[PDB]
A.B. asks: 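Hey, got a structure here with flufenamic acid, can you help?
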Amino acid sequence: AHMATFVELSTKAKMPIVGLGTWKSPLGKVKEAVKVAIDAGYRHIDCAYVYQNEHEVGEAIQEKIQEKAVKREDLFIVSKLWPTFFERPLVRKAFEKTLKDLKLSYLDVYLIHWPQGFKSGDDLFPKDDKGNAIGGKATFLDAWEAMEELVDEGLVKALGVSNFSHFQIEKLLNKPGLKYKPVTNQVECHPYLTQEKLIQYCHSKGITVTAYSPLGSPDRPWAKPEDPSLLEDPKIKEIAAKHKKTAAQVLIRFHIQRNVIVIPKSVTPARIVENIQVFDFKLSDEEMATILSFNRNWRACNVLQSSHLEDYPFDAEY
Ligand SMILES: NC(=O)c1ccc[n+]([C@@H]2O[C@H](COP(=O)([O-])OP(=O)(O)OC[C@H]3O[C@@H](n4cnc5c(N)ncnc54)[C@H](OP(=O)(O)O)[C@@H]3O)[C@@H](O)[C@H]2O)c1
Ligand SMILES: O=C(O)c1ccccc1Nc1cccc(C(F)(F)F)c1
C-alpha cells in the first residue's frame, strides 16, 4: 500500500504529488491500469478528452467505488478542455462529455489543455490544405470564463492550465473580472527540459507545476531513433543503481524533490506499482544538481506546430 505526498493548492485542496497518466491505449488496457493504480494506492488520475479513452477510465473508477476499494473524496481526478471547444456553448458541451464518460459528478481539476484556440467542428486537429492548424474564434480567456461557471456550479473544484508560458499565465492572472486562479500549470518536464524559470515563475505565483512526459514519452508516435532517450540514459541508470531503483523511478523522484507534481503513464501493472514506489529513497543534493545539468531544452511533446497561430507557447523563453 502506497501513498503519494500531498501538494497543497492555493485552494487548500490536496493534490497527490504522483498521478497516473492516461495516454491513448487499446482497449481496456487503460481501464485495468486505473484499477491496478487504485489498488496500489494511486488517487491522482490524469485524463484528457483528446485521448478519446475517458470512458474506460470511468468504468474502472466506477467498479472500484462499488467494490469499496476507494471513495470519491479520496480520488483526485483531472481532465482538460481541448482547444477546438473554447467557444462558450462548446466548453460546456465538451466538459459534459468528459464528465459523462468519467461517470463523475465533479472533477477535482479542469485544465485548459493548450493555449491556442482551434477551429470548431468535427476535427480535433483542424488543418488547412497544407497541414497547418486552423485557428478558432474564442480565446483561452474566453474558455476560462466559461470554465469558471463550472466552478460556480460545483461541477469542478479548481481550474488550471496546460502548456502555458509565463506570458500566458500573466494574461490570465491580469484578466479583468477574473474569478478563479489556475491551481496548476501542467507542462512537459524531465531532465532534458528542466523548466527552471517557468517553475520558478509559477511557484512565485502560488501555482503548482505538473510534469508530464517525465519518462520522455517513449511511445510517442513521432519519436526518432536519434531523439535523446531518458530511460536508456546511462547517467540516469547509474544514479538509479546507486539507490537500487529503476531509471524510471529516478526520473519520477526528480520532480518530487523539486516539489513538482508528476504523472507517469503506464498500462503495465508491474510498472504502475514501481512508478509509485518512489517515497523510500532520496537523491542527494549533488545527484539533483547533476540531473538538473542534463537540461538540453528538448521537447518530446511538440507535435502541434501551430507556430503560425497566435499564442504559441514554445516561442517564449519560459
Ligand atoms: N499536453 C498535456 O497536457 C500532456 C501531454 C503529454 C502527456 N500528458 C499526460 O502525462 C502522462 C504521461 O506522459 P506520457 O504518457 O506522454 O509519457 P511518459 O509517462 O513519460 O512515458 C510513458 C511510456 O513509458 C512507459 N513506462 C511507464 N512506466 C515505465 C517504467 N517504470 N519503466 C519503463 N517504461 C515505462 C510506458 O509503457 P507501458 O504503458 O507500455 O508500460 C509508456 O510507453 C500522459 O499519459 C498524459 O496523462 C499530458
Ligand atoms: O497527449 C496530450 O496531452 C497532447 C497534448 C498536445 C498535443 C498532442 C497531445 N498528444 C496526443 C494527441 C492525440 C493523440 C495522441 C495519441 F493517441 F498518440 F496518444 C496523443
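Residue numbers start at 1 and run along the sequence shown. Counting convention: from 1, in listed order, for ligands and their atoms alike.
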A.B. asks: Please list the parts of the model that make up flufenamic acid.
C.D. replies: ligand 2
A.B. asks: Looking at contacts alone, what is the main macromolecule next to flufenamic acid (ligand 2), by its name in UniProt?
C.D. replies: Aldo-keto reductase family 1 member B10
A.B. asks: Could you find the nearest UniProt active-site residue of chain A to flufenamic acid (ligand 2) and let me know the heavy-atom distance, rounded to 1 Å?
C.D. replies: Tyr51, 3 Å
A.B. asks: Between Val303 and flufenamic acid (ligand 2), which residue portion shows a heavy-atom distance shorter than 4.0 Å: side chain, backbone, both, or neither?
C.D. replies: side chain
A.B. asks: Which residue and atom name correspond to the protein heavy atom nearest atom 2 (C) of flufenamic acid (ligand 2), and how close is it?
C.D. replies: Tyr51 OH, 3.2 Å
A.B. asks: For atom 17 (F) of flufenamic acid (ligand 2), which protein heavy atom lies nearest, and how many Å away is it?
C.D. replies: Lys24 CD, 3.1 Å
A.B. asks: Should the proximity of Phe125 to flufenamic acid (ligand 2), defined as any heavy atom under 4.0 Å, be assigned to the side chain, the backbone, both, or neither?
C.D. replies: side chain
A.B. asks: Please verify whether a non-hydrogen atom of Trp23 lies at under 4.0 Å from flufenamic acid (ligand 2).
C.D. replies: yes
A.B. asks: For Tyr212, is the nearest heavy atom under 4.0 Å from an atom of flufenamic acid (ligand 2)?
C.D. replies: no
A.B. asks: Under 4.0 angstrom from flufenamic acid (ligand 2), any heavy atom of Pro221?
C.D. replies: yes
A.B. asks: Heavy-atom contact under 4.0 Å between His113 and flufenamic acid (ligand 2)?
C.D. replies: yes
A.B. asks: I'd love to know which of the UniProt NADP(+)-binding residues in chain A sit under 4.0 Å from flufenamic acid (ligand 2), measured heavy atom to heavy atom.
C.D. replies: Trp23, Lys24
A.B. asks: Pick out, from the UniProt substrate-binding residues of chain A, those with a heavy atom under 4.0 Å from flufenamic acid (ligand 2).
C.D. replies: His113
A.B. asks: For flufenamic acid (ligand 2), which residues in other chains have any heavy atom nearer than 4.0 Å?
C.D. replies: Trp23, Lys24, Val50, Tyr51, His113, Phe125, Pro221, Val303, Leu304
A.B. asks: Return a table of N or O atom pairs, flufenamic acid (ligand 2) on one side and protein on the other, at distances under 3.5 Å, rounded to 0.1 Å.
C.D. replies:
residue: flufenamic acid (ligand 2); atom: 1 (O); partner: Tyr51; partner atom: OH; Å: 2.6
residue: flufenamic acid (ligand 2); atom: 3 (O); partner: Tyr51; partner atom: OH; Å: 3.1
residue: flufenamic acid (ligand 2); atom: 3 (O); partner: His113; partner atom: NE2; Å: 2.9

